[PDB]
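Structure (with sunitinib).
Using the numbering of the PDB entry, the residues shown for chain A are 554-563, 566-610, 617-693, 762-931, in order. Atoms within a ligand are numbered from 1 in the order they appear, just like the ligands themselves. FYI, side chains are in, hydrogens and waters are out, and symmetry mates aren't considered; it's all heavy atoms of this structure. Structure determined by X-ray crystallography, 1.5 Å.
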Amino acid sequence: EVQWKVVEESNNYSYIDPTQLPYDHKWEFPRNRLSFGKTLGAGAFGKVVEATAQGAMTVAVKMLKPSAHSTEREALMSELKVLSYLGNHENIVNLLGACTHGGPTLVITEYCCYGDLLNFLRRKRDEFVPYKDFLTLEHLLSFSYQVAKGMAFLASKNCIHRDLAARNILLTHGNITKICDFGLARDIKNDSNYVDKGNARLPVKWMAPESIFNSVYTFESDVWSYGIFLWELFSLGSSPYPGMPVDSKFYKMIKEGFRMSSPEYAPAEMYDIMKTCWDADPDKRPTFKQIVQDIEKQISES
Ligand SMILES: CCN(CC)CCNC(=O)c1c(C)[nH]c(/C=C2\C(=O)Nc3ccc(F)cc32)c1C
Ligand SMILES: [Cl-]
């Protein structure tokens, strides 16, 4: 299941069972104060809908479809539990409330009015200018910085995203980016950026080699995916390894050290970050804390 995980020291780390996390009923919000509007996204067993919450503000509500298995209802509760455990950060999509009694489970989160960053980059591409409502290099550096800060936050809570990519970054007012976990509000069997692997469907072009070939997911594999995200960002939304099918040839190239070339709009210091994120040795990749400091220096030099 493609979703984030909280880990605990064991093994090195093992996933926690999120059903065992506590749920504080302080999050409880009266269901009668929600007015539901348009659907923003929909998986096979769930969906996220724009809503108005009186006591008015626009929010996003995650909920199950009526055909949901009993393990899906628990899964949505576990989503709520993980969000409550993580706490609040500017660069994640934050929990605002929940409805857990008197009806089906509703998870109320922040609404990001511009949608996912990938599609935003793609429709802004032909107006982009490196320097001077155009998208500029200043914005891209800001987005890189914010996603690094959000990931540093998740890592500090022992959380591994496992699917970091521009499609999972949302954009809201003030050019603020927020990391998201679609969970039951997305069906990946649709999306060609996921690839069949055994029983699983996986975002192979974003994954570290040790995740693909050894099923190892760590703080360090998230850094690999962040490097792929940077490439998406400074390519203005191009698909990674463009024109290369995922087959045995692709896997061999990754294993033997093949990497993407620099996007034409990436500053050399940002391509330097990408390259270190894609070190075959996870111990040689930077931490998100290091990445934050490096990008802070570039913005200062800007
Ligand atoms: C296909 C691109 N289209 C624009 C050109 C669609 C635009 N994209 C949109 O409208 C959109 C908006 C405005 N919000 C979301 C998603 C979420 C949001 O806001 N909070 C969440 C919390 C959890 C979650 F799992 C998803 C969301 C979308 C897809
Ligand atoms: Cl910021």
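- In this structure, the ligands or chains belonging to sunitinib are ligand 1.
- Of the chains in this structure, the chief binding partner of sunitinib is, as UniProt puts it, Mast/stem cell growth factor receptor Kit.
- Of all atoms in sunitinib, listed by their number and element, those nearer than 4.0 Å to a heavy atom of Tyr672 are 13 (C), 19 (O).
- In chain A, most residues contacting sunitinib belong to UniProt domain Protein kinase.
- The option from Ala814, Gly601, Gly598, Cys809 that lies nearest to atom 24 (C) of sunitinib, judged by heavy atoms, is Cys809.
- Residue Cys673 has at least one heavy-atom neighbour below 4.0 Å for each of these atoms of sunitinib: 12 (C), 13 (C), 14 (N), 18 (C), 19 (O).
- Below 3.5 Å of separation, one finds no N or O of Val603 facing any N or O of sunitinib.
- Listed by number with element, the atoms of sunitinib under 4.0 angstrom from any heavy atom of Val654 are 22 (C).
- Of the UniProt active-site residues in chain A, the closest to sunitinib by non-hydrogen distance (1 Å) is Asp792, 11 Å.
- Less than 4.0 angstrom separates some heavy atom of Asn680 from each of these atoms of sunitinib: 1 (C), 2 (C).
- Heavy-atom proximity to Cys674, at under 4.0 Å, picks out these atoms of sunitinib: 13 (C).
- Below 4.0 Å from sunitinib sit no other ligands or ions.
- Contact atoms of sunitinib toward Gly676: 8 (N), 9 (C), 11 (C), 12 (C), 13 (C) (distance under 4.0 Å to a heavy atom of the residue).
- Heavy-atom contacts of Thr670 reach the following atoms of sunitinib: 21 (C), 22 (C), 23 (C) (cutoff under 4.0 Å).
- Checked against UniProt, the Mg(2+)-binding residues of chain A with a heavy atom under 4.0 Å from sunitinib turn out to be: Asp810.
- Some N or O of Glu671 is nearer than 3.5 Å to an N or O of sunitinib, by distance alone.
- At a heavy-atom cutoff of 4.0 Å, sunitinib is contacted by both the backbone and the side chain of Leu595.
- Residues contacting sunitinib within 4.0 Å (heavy-atom distance) are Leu595, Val603, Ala621, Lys623, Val654, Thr670, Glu671, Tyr672, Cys673, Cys674, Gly676, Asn680, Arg684, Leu799, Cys809, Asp810, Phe811.
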